[PDB]
2 protein chains.
Amino acid sequence: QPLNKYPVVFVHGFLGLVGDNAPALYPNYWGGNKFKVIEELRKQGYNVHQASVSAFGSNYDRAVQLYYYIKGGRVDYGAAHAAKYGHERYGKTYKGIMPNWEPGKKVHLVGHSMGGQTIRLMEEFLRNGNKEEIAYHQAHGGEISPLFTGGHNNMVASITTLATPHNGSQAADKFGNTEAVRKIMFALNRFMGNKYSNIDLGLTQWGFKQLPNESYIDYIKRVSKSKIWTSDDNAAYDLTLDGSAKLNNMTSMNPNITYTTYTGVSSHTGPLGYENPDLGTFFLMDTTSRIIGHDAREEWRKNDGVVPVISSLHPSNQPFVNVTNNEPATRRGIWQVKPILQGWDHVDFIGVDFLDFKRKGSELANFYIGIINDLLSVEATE
Amino acid sequence: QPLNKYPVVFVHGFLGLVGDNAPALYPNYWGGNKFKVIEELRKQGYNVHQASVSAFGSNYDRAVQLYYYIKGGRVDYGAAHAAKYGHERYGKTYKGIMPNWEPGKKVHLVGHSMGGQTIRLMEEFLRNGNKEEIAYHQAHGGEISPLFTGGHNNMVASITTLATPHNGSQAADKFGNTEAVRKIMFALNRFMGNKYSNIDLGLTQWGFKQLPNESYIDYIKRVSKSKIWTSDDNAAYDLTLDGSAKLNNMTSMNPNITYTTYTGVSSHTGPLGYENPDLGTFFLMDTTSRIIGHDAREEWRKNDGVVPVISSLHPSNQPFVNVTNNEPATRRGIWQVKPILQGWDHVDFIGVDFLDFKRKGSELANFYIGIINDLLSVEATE
Ligand SMILES: OC1(c2ccc(Cl)c(C(F)(F)F)c2)CCN(CCCC(c2ccc(F)cc2)c2ccc(F)cc2)CC1
Ligand SMILES: OC1(c2ccc(Cl)c(C(F)(F)F)c2)CCN(CCCC(c2ccc(F)cc2)c2ccc(F)cc2)CC1
Ligand SMILES: CCCCCCCCCCC(=O)O
Ligand SMILES: CCCCCCCCCCC(=O)O
Ligand SMILES: CCCCCCCC(=O)O
Ligand SMILES: CCCCCCCC(=O)O
Ligand SMILES: CCCCCCCC(=O)O
Ligand SMILES: CCCCCCC(=O)O
Ligand SMILES: CCCCCC(=O)O
Ligand SMILES: CCCCCC(=O)O
Ligand SMILES: [Ca+2]
Ligand SMILES: [Ca+2]
Ligand SMILES: [Cl-]
Ligand SMILES: [Cl-]
Ligand SMILES: [Cl-]
Ligand SMILES: [Cl-]
Ligand SMILES: [Zn+2]
Ligand SMILES: [Zn+2]
């Protein structure tokens, strides 16, 4: 019935809120008003979905959530993970977009920004499991999530990433992951865990959910004891250069998966060889673009607002091949890096820059239809 | 003590809120963060002031308020005016920036946008009075505001306008002054008349101030009978082509006043000869710029976001002379039209476009120093 035999799952990045988990007035993550990715692709008869996973959590936490988003069930972050980092083992429970998901029934994964990292880690778990969980269930017994077992292959057809910081970003290193702004992010999460809140910012496993009969002062006190304040099991850490490198060092190429990347630049070279944001860079990335663009290492300067070009092309120590925009992108086992999109900033990929008239809806529709056609190709060359 | 002999009064336009009358978080009208016109000019030893007058009111109402802002005392809109339009005769009372203002003690007036119209009308009243008020106090006796008497000359040295819609704007005609959006404006003013409100949006003379012991429902009921809902004694009407024409038809050149105008362009000609806003046009003017730029009459298309160039150069029926940037702007009695600032939109003149990095503080400082210099010149060529 659907033109695509494998469902496509779109996976948002850091700070991403989608569907019913957004504020009353909020941009629509996948396409803004420029091209309503989910609705429009569906009207054209494609089977597509937008995952909802932790906005502020680690790639680990998100990757677990992604699995349960697709498969359905109670999120299980793993007993060893929970014990090591100091957060609940069990999380939200998901209906499941594909309850029969198993070897043989594949899914296409496309990720924006951090979503690309999240996708890689989930596949890692499927294929290779999680060593610390395997080891913990070996020593202490009990039940272990199948997600952490390994040996589950032939479940993801493609991994396609848009402006993903495969190699991290200095914006995290020098801003996002600093003490003062982590405190802000966590305070936000605390607040939005209050008992009148309808949005889940993705750190409730750390205890940021006020109980219905608990005072806010008692909430604050309970939650000041959480390890979140000092942990590295969070998005801000994972987007640093170190944090991303760690994911790179523990991931590996699946020879059956079609891997493809897209990258945007929205900076321009200035007097001294530093990079500054283009007029038309969504203004919220003004400061981060300048931090990146003024890097000591020259090859780390060009950026889409928050992720350097080097970081988005491909994970740095994984195999890649520079590809053309016209040629079929059909190679398995290798990062097919599409040609840099000139003038696209980080958020132009998802169409929410309503300030930028150069980036039009028809363009964005072509981009997404572009990706679907590549995915159709992958299906046809099996 | 002050380098300028005559105080300079800056007069904000439509929707302008200044000083103690702005919300908690709000751009500073005169210079934004780019150049703090009042503070900086003062530091350089100039005597300058920012008037506070009705943000939503007619040019008439604002013009009266301007007078009392400068002179001090209880705003008197005039008995005939009040009776004809159906609003209170008396308004707020002002401390007075210049209590001794009289023929011989002059003041420089610079107006942004509608502020330019307001300034013209005030001077008209000083010089020629108000015929309706003269006639009404003739017939019915009582006291009459000196503002409406006429014969007060030699009180304003200069009238300088920035992006003033002397000939009105289609944005008013086809948006601002339509039924539905006038209702929205008036509802806003109603709401901000509530008993907890600390901002005056300028229509309280129409009854939009909830009494301390009145219910909101009774407030709504009382105020639904106001003529404001159907009146032309409001800003939206006055910024229309007709509305501005009427001011033009009742104003005339004072041969002792130095008149000077500035105009911005922030549109570009498209495929078919229509004008579209430049990237860099403050986004809130996106829709108005397109309305203006798609006008049938070609010469009405080029615009700064909300004011067409034809409208800002000079009142259409008054004398003008195209001037150069270097030409001392020292002629009395004629509209000295300064050369168009390319890429300045309506709000770049006041520096509140924080999105536009092309328009820097040092540029805006030069523009304002420029104006002061011209004013110093006027003083010295007496
Ligand atoms: O700062 C960001 C970032 C990204 C990656 C890294 Cl690595 C880092 C970090 F930490 F390293 F610095 C930071 C996160 C989000 N930023 C602003 C959010 C945009 C927002 C939006 C977009 C899509 C939506 F569905 C909803 C809202 C929005 C707001 C208002 C609006 F008028 C339009 C759009 C942009 C980038
Ligand atoms: O709509 C405007 C208009 C002007 C003339 C005519 Cl003729 C017409 C009409 F009739 F056609 F409708 C309309 C009035 C104000 N508009 C937007 C408000 C700007 C705002 C601002 C400006 C100055 C301040 F001191 C403080 C805030 C602001 C908001 C948020 C922000 F991040 C920065 C600035 C722009 C033009
Ligand atoms: C007549 C009482 C209701 C007014 C409508 C809403 C005003 C908000 C209350 C302001 C405040 O308590 O700070
Ligand atoms: C503040 C007076 C002019 C605003 C009219 C345009 C605002 C509605 C369009 C939506 C948006 O601002 O992104
Ligand atoms: C991040 C902004 C959240 C939207 C706040 C306004 C909601 C409303 O007035 O209904
Ligand atoms: C269309 C009316 C303006 C308010 C909604 C836009 C704010 C947002 O981008 O979330
Ligand atoms: C709406 C209130 C948000 C709380 C801000 C606290 C920030 C901090 O403690 O660093
Ligand atoms: C019009 C915008 C003003 C919002 C101010 C809210 C606040 O004080 O936090
Ligand atoms: C630019 C919009 C004006 C809102 C001012 C107020 O709500 O008091
Ligand atoms: C937070 C970004 C600006 C809000 C968009 C608007 O005022 O229409
Ligand atoms: Ca952009
Ligand atoms: Ca501008
Ligand atoms: Cl939020
Ligand atoms: Cl499974
Ligand atoms: Cl929640
Ligand atoms: Cl009030
Ligand atoms: Zn975790
Ligand atoms: Zn009036």
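The lettering of chains (A, B, ...) simply tracks the order of the sequence lines. Note that chain A carries the PDB entry numbering, so the residues on display, from first to last, are 4-385. By the numbers in the PDB entry, the shown part of chain B spans 4-385. First listed ligand is number 1; within each ligand, the first listed atom is number 1. The analysis underlying the following values was restricted to heavy atoms, covering all of them including side chains, and did not include hydrogens, waters or symmetry mates. So this one's X-ray crystallography, 2.2 Å, going by the header.
Picking from paltusotine, ixabepilone, ispinesib, nikkomycin Z, penfluridol, the compound at ligand 1 is penfluridol.
Bound to penfluridol (ligand 1) with the largest number of contacts is the chain that the PDB entry calls Lipase 2. In contact with penfluridol (ligand 1) at heavy-atom distances under 4.0 Å, by letter: A.
Short-range neighbours of penfluridol (ligand 1) under 4.0 Å, ligands and ions only: ligand 6 (octanoic acid (caprylic acid)), ligand 10 (hexanoic acid).
Nearest non-hydrogen protein atom to atom 11 (F) of penfluridol (ligand 1) is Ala175(A) N, 3.4 Å. The protein does not reach atom 2 (C) of penfluridol (ligand 1) closely, with no heavy atom under 4.0 angstrom from it. Considering each of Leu287(A), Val350(A), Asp307(A), the one bringing a non-hydrogen atom nearest atom 17 (C) of penfluridol (ligand 1) is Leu287(A). The entry gives the source of chain A as Staphylococcus aureus. The deposited model shows no covalent link between penfluridol (ligand 1) and any chain.
Counting protein heavy atoms under 4.0 angstrom from atom 22 (C) of penfluridol (ligand 1) gives one or more. Ranking protein heavy atoms by distance to atom 32 (F) of penfluridol (ligand 1), first place goes to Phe357(A) CE2, 3.0 Å.
The residues lying within 4.0 Å of penfluridol (ligand 1), counted on heavy atoms, are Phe17(A), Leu18(A), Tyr29(A), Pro30(A), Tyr32(A), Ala174(A), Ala175(A), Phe178(A), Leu242(A), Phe285(A), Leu287(A), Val309(A), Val355(A), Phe357(A).
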